[PDB]
Protein chains: 2
Amino acid sequence: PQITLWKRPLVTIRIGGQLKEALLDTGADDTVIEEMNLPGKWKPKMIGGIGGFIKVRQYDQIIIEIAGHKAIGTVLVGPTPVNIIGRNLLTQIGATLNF
Amino acid sequence: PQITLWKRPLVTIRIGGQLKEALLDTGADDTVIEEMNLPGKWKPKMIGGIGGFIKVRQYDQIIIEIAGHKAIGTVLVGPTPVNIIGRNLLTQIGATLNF
Ligand SMILES: CC(C)CN(C[C@@H](O)[C@H](Cc1ccccc1)NC(=O)O[C@H]1CO[C@H]2OCC[C@H]21)S(=O)(=O)c1ccc(N)cc1
């Protein structure tokens, strides 16, 4: 769809079989999801945002449904304030900004 | 214009008589600009993201040009690592996310 920005662009995702709410976030390079059990191997990594750096678990090649569209790619799991869908997966679902 | 998300969606803005590069950021409620010496009244604010919070100065009714489009609204000024155009101004320039 076309999504206007008067409200937060929140969508439902399915990850590891579980439904969650997530924010479509063009300012995020990477997708970052709150702490959860996720099947797959992972690697320790760190990422930085506006307020500093956090530790995350990097899971590669994770199958995730975003607003009914399929993506398969990297999901960082850790203590983010908000579940965020970043450009690595927005590009997979063909998302663009338009004005 | 259409902006794909392979790379960071950076555009040129003009604020307080200065040109800067800024992110078109659907994940930000508010616009946050790197420290600059803006004139006028402001109110203290703290905003949080990955890593924690930063202290910013909230300026209202600030005129800003974004990729050639005029806008006027609230701009938060503080030690952000990137200039961020948030939804408060993205709506004014008619920006949508589409997939
Ligand atoms: C976490 C979001 C809910 C909110 N943020 C906007 C978000 O787009 C930031 C915007 C952003 C961009 C770069 C640096 C800091 C913040 N991106 C971000 O944290 O992305 C992280 C995940 O991918 C990585 O790529 C960029 C940093 C990492 S935020 O910058 O913290 C923020 C919070 C409140 C306001 N008013 C404005 C911005």
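In what follows, chains carry the letters A, B, and so on, assigned in the order in which the sequence lines appear, proteins first and then strands, with residues in each chain numbered from 1. Hydrogens, waters and symmetry mates are skipped; everything else that's a heavy atom, side chains included, is used. For ligands, and for the atoms within them, numbers begin at 1 and follow the listed sequence.
- Lab note: main contact partner of ligand 1 (name per the PDB entry) = Aspartyl protease.
- The molecule at ligand 1, chosen from bedaquiline, farglitazar, Orladeyo, darunavir, is darunavir.
- At a heavy-atom cut-off of 4.0 Å, other chains contacting darunavir: A, B.
- The binding-site residues for darunavir (non-hydrogen atoms, 4.0 Å) are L23(A), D25(A), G27(A), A28(A), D29(A), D30(A), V32(A), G48(A), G49(A), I50(A), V82(A), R8(B), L23(B), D25(B), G27(B), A28(B), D30(B), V32(B), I47(B), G48(B), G49(B), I50(B), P81(B), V82(B), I84(B).
- In the vicinity of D25(B), heavy-atom distances shorter than 4.0 Å reach the darunavir atoms 6 (C), 7 (C), 8 (O), 9 (C), 10 (C).
- The nearest protein atom to atom 25 (O) of darunavir, hydrogens excluded, is given as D29(A) N, 2.9 Å; this is a heavy-atom distance.
- Of all the atoms in darunavir, the ones that sit under 4.0 Å from a non-hydrogen atom of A28(B) are 37 (C), 38 (C).
- Of all atoms in darunavir, listed by their number and element, those nearer than 4.0 Å to a heavy atom of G48(B) are 31 (O), 33 (C).
- The organism reported in the entry as the source of chain A is Human immunodeficiency virus 1.
- Nearest to atom 16 (C) of darunavir among the protein's heavy atoms is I50(A) N, 3.8 Å.
- Per-residue contacts place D30(A) under 4.0 angstrom from the following atoms of darunavir (heavy atoms of the residue considered): 22 (C), 23 (O), 24 (C).
- Darunavir places these atoms under 4.0 Å from at least one heavy atom of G27(B): 2 (C), 3 (C), 4 (C), 6 (C).
- Near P81(B), meaning under 4.0 Å from one of its heavy atoms, darunavir places the atoms 14 (C), 15 (C).
- With ligand atoms numbered from 1 in the order given, darunavir contributes 31 (O) to contacts under 4.0 Å with heavy atoms of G49(B).
- Close approach to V82(B) involves these atoms of darunavir, each under 4.0 Å from a residue heavy atom: 11 (C), 12 (C), 13 (C), 14 (C), 15 (C).
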